[PDB]
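A short worksheet on the structure shown next.
To find a chain, count down the sequence lines: A is the first, B the second, and so on, and within it residues start at 1. Basis for what follows: all heavy atoms, side chains included, without hydrogens, waters or symmetry-related copies. Recorded method is X-ray crystallography, 2.5 Å. Just follow the structure's listing: the first ligand is 1, and inside any ligand the first atom is 1.
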Amino acid sequence: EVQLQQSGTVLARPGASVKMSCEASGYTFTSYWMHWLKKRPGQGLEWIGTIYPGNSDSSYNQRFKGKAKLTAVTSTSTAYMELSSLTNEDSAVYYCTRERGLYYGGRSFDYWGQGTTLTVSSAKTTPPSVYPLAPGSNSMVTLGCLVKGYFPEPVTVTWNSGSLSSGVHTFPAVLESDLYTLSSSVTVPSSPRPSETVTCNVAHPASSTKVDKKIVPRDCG
Amino acid sequence: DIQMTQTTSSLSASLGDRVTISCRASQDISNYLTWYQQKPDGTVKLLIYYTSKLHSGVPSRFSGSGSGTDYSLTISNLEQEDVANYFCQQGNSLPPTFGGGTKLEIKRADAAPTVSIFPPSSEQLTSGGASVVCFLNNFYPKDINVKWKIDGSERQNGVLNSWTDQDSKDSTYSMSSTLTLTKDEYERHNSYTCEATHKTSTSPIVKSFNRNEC
Ligand SMILES: C=C[C@H]1CN2CC[C@H]1C[C@H]2[C@H](O)c1ccnc2ccc(OC)cc12
């Protein structure tokens with residue numbers, strides 16, 4: 001089974017340089033052309049370049065020439081890509097892939113890595129603020145959990161430590177002035193809460209943050 | 001570069017149906033077209049190369065055809081495991097170029113959105129900001145429009161929306177609409193409304209509250 005395994009997410013400020021790897025297995029590394037691709041949310045999939053680990057012969061997209069350097073180490077069957085002078089446009093998910101065709105390749109890419117995320121940002125590691133979303137007076141009732149102003153991704157939200165899986169919606173994060181924000185909803189019957197405790201648990205690994213915001217009905221009168 | 005287009009970004013079908021994904025090139029690519037499958041996993045797999053040649057390990061219900069600029073991928077008997085994003089590439093000219101992809105969604109009965117609105121917490125106001133969050137959960141089709149009304153008037157500034165992918169469990173969609181402003185501005189208005197337009201309702205589904213209650 002041909003398998004590529006790329007390196008983890010990379011955070012970098014503008015002007016920095018980074019290096020991501022791609023470890024191949026299940027075949028002879030030196031005998032197939034490797035390629036790198038860039039997936040940015042606005043564009044389609046873009047071609048960076050390619051290297052033949054046999055003799056390190058390479059070819060580059062003219063747009064990434066001087067931006068991306070490509071290397072391959074025969075010893076550890078590992079391809080590398082270097083990215084220099086990072087800017088906001090360099091933010092993307094980068095894929096390494098193998099070209100079909102022994103020795104001389106073909107016109108397709110027959111095996112793929114899972115991808116590597118590169119986040120270009122000057123934002124500092126910031127814990128999330130977590131806010132209870134209570135109703136404001138049916139068989140069911142929906143509660144919420146607002147997670148605001150954190151960096152970087154990811155954040156993890158659960159309800160009653162995960163004991164509430166069904167009826168949960170957690171939405172993709174969005175960027176507002178260099179920080180991330182999202183919300184999570186949970187629907188339970190109208191039976192078990194105001195009466196039983198409902199609690200959202202927000203975790204932010206990067207900052208080592210764990211907060212539990214118990215949902216309690218609004219204070220008015 | 002040769003440009004690859006996939007006019008249909010999302011396609012509706014049912015399990016067991018015949019599905020056809022379309023691909024177009026900005027010029028003749030001489031049958032040098034290749035198809036890929038990107039599952040929710042984020043994993044990519046090769047299916048078909050050179051217009052119609054099956055890659056080893058690919059099920060036979062997959063097939064491809066086309067010539068000149070127009071090409072297509074076909075699935076004879078759609079299974080739940082075939083629900084993914086399908087995109088093409090031309091291999092006629094370097095650099096290789098790809099289409100935006102076509103994401104498969106599963107058909108189901110029209111379901112109205114469950115709309116819920118939430119005034120900002122008192123805890124949040126101590127920060128200086130004020131987020132009015134509106135959930136619209138478990139609706140179908142995906143087509144939906146969300147409007148924020150303040151004291152009667154429409155509002156667009158400070159509104160960020162966020163959509164989930166199609167939930168496999170019930171084939172529905174959900175979205176959050178969040179309106180964010182200063183505490184000072186929030187405290188200077190009364191009626192905050194979140195109304196949704198959708199196929200299941202002639203009249204918009206309106207969810208609102210008056211700040212001056214709680
Ligand atoms: C990019 C450079 C190398 C990678 N492949 C092997 C040697 C070099 C050529 C290319 C392939 O033969 C090839 C030839 C001609 N037209 C092509 C068009 C697309 C393509 O995508 C994999 C590969 C092509």
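- In this structure, the drug found at ligand 1 is quinine.
- The chain forming the most contacts with quinine (ligand 1) in this entry appears in the PDB entry as FAB 314.3.
- The letters of other chains with a heavy atom under 4.0 Å from quinine (ligand 1) are A, B.
- Every atom of quinine (ligand 1) is numbered from 1 in the order shown, and the set under 4.0 Å from a heavy atom of A/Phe109 is 22 (C).
- Organism of origin for chain A, per the PDB: Mus musculus.
- Listed by atom number, the atoms of quinine (ligand 1) under 4.0 Å from A/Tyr104 heavy atoms are 6 (C), 12 (O).
- With a 4.0 Å cut-off on non-hydrogen atoms, B/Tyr32 does not touch quinine (ligand 1) at all.
- With ligand atoms numbered from 1 in the order given, quinine (ligand 1) contributes 1 (C), 2 (C) to contacts under 4.0 Å with heavy atoms of A/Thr50.
- The PDB entry calls chain B FAB 314.3.
- A/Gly101 does not count as a contact of quinine (ligand 1), since none of its heavy atoms falls under 4.0 Å from the ligand.
- Near B/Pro96, with a cut-off below 4.0 Å to any heavy atom, the atoms of quinine (ligand 1) are 21 (O).
- Heavy atoms under 4.0 Å from quinine (ligand 1) belong to A/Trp33, A/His35, A/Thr50, A/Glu99, A/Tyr104, A/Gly106, A/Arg107, A/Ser108, A/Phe109, B/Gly91, B/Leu94, B/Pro96.
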